[PDB]
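Sequence positions for chain A are given in the PDB entry numbering; the residues included correspond to 1-409, 430-867, in order. Because only heavy atoms are used, hydrogens play no part in the values below, and waters and symmetry mates are left out as well, while side chains stay in. Ligands are counted one by one from 1 in listed order, and the atoms in each one are counted from 1 as well. Structure determined by X-ray crystallography, 3.1 Å.
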Amino acid sequence: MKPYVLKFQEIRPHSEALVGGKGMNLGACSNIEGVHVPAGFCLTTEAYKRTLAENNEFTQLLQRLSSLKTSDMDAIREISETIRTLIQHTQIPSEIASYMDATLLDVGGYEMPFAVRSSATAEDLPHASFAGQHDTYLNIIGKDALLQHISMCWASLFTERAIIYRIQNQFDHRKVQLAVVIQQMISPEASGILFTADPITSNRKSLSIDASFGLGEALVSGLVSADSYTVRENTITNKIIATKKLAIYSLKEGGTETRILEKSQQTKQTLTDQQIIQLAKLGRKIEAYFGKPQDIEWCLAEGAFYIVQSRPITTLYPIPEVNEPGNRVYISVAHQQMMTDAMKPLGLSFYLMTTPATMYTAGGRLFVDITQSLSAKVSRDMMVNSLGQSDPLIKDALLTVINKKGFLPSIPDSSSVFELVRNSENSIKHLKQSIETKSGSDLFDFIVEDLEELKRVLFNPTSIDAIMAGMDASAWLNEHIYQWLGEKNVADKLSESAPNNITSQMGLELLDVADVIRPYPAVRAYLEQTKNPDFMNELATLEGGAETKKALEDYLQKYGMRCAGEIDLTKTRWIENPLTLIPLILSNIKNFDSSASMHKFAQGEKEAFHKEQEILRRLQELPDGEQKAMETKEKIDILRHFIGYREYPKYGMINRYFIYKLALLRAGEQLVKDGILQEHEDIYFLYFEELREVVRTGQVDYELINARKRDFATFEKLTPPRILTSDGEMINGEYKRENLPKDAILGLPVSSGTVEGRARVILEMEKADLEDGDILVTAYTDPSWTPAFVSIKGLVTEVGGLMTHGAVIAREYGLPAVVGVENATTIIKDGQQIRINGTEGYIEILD
Ligand SMILES: CO[C@H]1/C=C/O[C@@]2(C)Oc3c(C)c(O)c4c(O)c(c(/C=N/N5CCN(C)CC5)c(O)c4c3C2=O)NC(=O)/C(C)=C\C=C\[C@H](C)[C@H](O)[C@@H](C)[C@@H](O)[C@@H](C)[C@H](OC(C)=O)[C@@H]1C
Ligand SMILES: Nc1ncnc2c1ncn2[C@@H]1O[C@H](COP(=O)(O)OP(=O)(O)NP(=O)(O)O)[C@@H](O)[C@H]1O
Ligand SMILES: [Mg+2]
């Protein structure tokens, strides 16, 4: 960390601290044979530190800047003006200028034009991007102009905009410096960007060129327009041709000017087809050198391609680490589970450790690998029809994938259920006791035996037979009563207020806990305005508190394990953060009168005796009439016995998960005491095996954890596709509006009825302030989301499928719901009156 200047040829690996990201990648690119990087050098961060960071006024100014927030806006406008003008007034030490004069003559010389380009780094974050944050000036000639523009580059580190960016991304201003790339200008016929993997599709196999005439500054700042071409294998899939009005050109005596292209020139294809393929190959060599897809800037001059920037890509949805060969197709677990939130590795692993599916992981969520199924004759073709009875877009997405570059070459007893339930209740009772004895590596040793027991109650053949009994029977009823009586999706109304549904009870019991809070206005005022996490220990103060805390405590002992994202072991359970239930307990205090759970439940079973006994009567004057009747009543009794249970096995699974979580946090806090972990919940970023070794060996790799931590962040920003490909193509299916109103948003019908109301688009149940009219539009809706179904008039989600909670819960609440809705939360606007049809599956944006 001594030199002031380095030629691209002199730059060693991992020198970002000295030359910045841009400078480093230019250095790297310049050593690839067949790659022409215009000669140049970096004015090092040394020069920056020497000239500026050693200045007492500068450092004082930056020490001040350290103190302010994005809300200290006018302190930002003025302090940064001071810094900027201070920089442009500070001369560059003659010693630094001397070293530069020498290196500049080597590339050469002060009569030639140079690009002067910012290159930033953040200390100890060598790969941190400052893309589009700081200045570049093109075609600068002469020592005077050079020195002037170096200071200008430096000053551009302290625009209001660059400062705000650093504050929001938690970069310390004192630990960011600017190197300056000084590089021979290319005077090009054409220039542009290259993305080694298509930003649509995201398919890791297509390439993409944006190409314009003239210098690249137009395309990037951000007009002119540009040509777009996609090349899939070595063949060109697509060509696009922009009408390119303007082009930027270098002036002989320095600087730059914009010209208007002749009309007949504006529509010409920037690059020939041969040049496009040549560029693609050029580009494939730099991920191939770099190992991950890349973002590359280029110039075409006199038939020669010049590389002028390269930089890792940052947006694509990762591919599963598959240990299989050949082309693979993955199905998304998120969509069927109604989850789609990124999961942490510890939580990711516990789901994997409990499934007999071939599940893999990509981007913090889970995929199932189902290609070998697809390949065989008549098992594909098993699956596509079968997977189409839960999710049409999946079926659609699979047809679309089997057309590629050869991508492809018993009902149990009535008494069954309560024994199933109590045999789980007890299996958990045992569990709760046996871990409070285990600890350390004994804990881990035990969890694995218990996973076997988890699997045993979860996948009990008798349980499954009881589960399907409900599904199968509403399969039968829906198919057959539409066949005879015609016009019917009947099992929706027949399922209404079904008994023993541990998840429908949950949302409906919160109605009662609010009936307890309602009388006491002391507690209601506290609860109305509180962010205190242990507000439950301040209640005994107020007149209602003691009564209230009891009401709540019992709910949490019944449902406290459950939280949104429950499948992820690492997510805060309700009982760990009771304050998240308050706005729902609050707002259905005000939306309901006394005994609302009774009246909602009753009117449901009333409104399904009527359909039962309407359908049965109405079937009597059909041809074979009282026969057809008795076989349906047979299926209704069956239906309404085993529909509750459909939701129990998840509730048993989770209870274990929360019991495991408590135990694993103990070990993690025990790991803090021993000084081996920094943060007690850092165990969320290790998979369950890695975690075993840590308690076992007393060793961790924090440069690993921190990357898990970092990776997690850049998931969350992702949204899993319905289907994922070995190439990382994403396929969400397309729906079929047969004879549905055009201009409608299409989805899966799931729960019957048409209704009109206010759209409330909510991503957090806690911030959901639902009112009587509202139609809830959200992303997923797992059992966690039930308590919010009691005031709304209809439901809309982005993801899901018939027979997958909480689609199953809408039916029993008698709620119209539509489910497979591409981009509902973005397409629909909060507050827009809206009509949902949950019979035919569509949505109309009412005026
Ligand atoms: C269209 O749905 C199917 C997808 C098929 O395709 C296919 C390739 O894609 C899948 C996706 C996307 C999954 O996410 C998945 C899954 O999460 C899971 C099992 C494991 N399944 N079984 C293996 C055999 N064992 C005897 C029972 C467990 C799976 O196979 C799959 C799965 C597939 O296999 N496991 C679990 O999640 C766990 C840890 C517990 C689940 C418990 C309850 C009990 C389940 O809900 C039961 C009630 C059924 O609901 C499911 C089996 C679905 O079946 C139906 C009719 O809906 C299935 C998601
Ligand atoms: N030597 C060069 N010759 C011709 N055009 C260049 C040269 N260097 C850069 N350009 C163009 O001018 C722009 C300047 O890019 P550069 O400042 O290096 O990064 P940036 O895209 O402006 N922002 P960033 O990448 O985060 O630093 C590029 O987008 C090119 O189109
Ligand atoms: Mg750039």
Help me with this one: what macromolecule has the most contacts with ligand 1, named as in the PDB entry? Phosphoenolpyruvate synthase
Not sure I'm reading this right - what drug is at ligand 1? rifampicin
Looking at rifampicin, are there other ligands or ions closer than 4.0 Å? none
Name the residues that contact rifampicin at heavy-atom distances below 4.0 Å. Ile331, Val333, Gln336, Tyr351, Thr354, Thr355, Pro356, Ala357, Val368, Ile370, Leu387, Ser390, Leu478, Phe479, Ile487, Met488, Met491
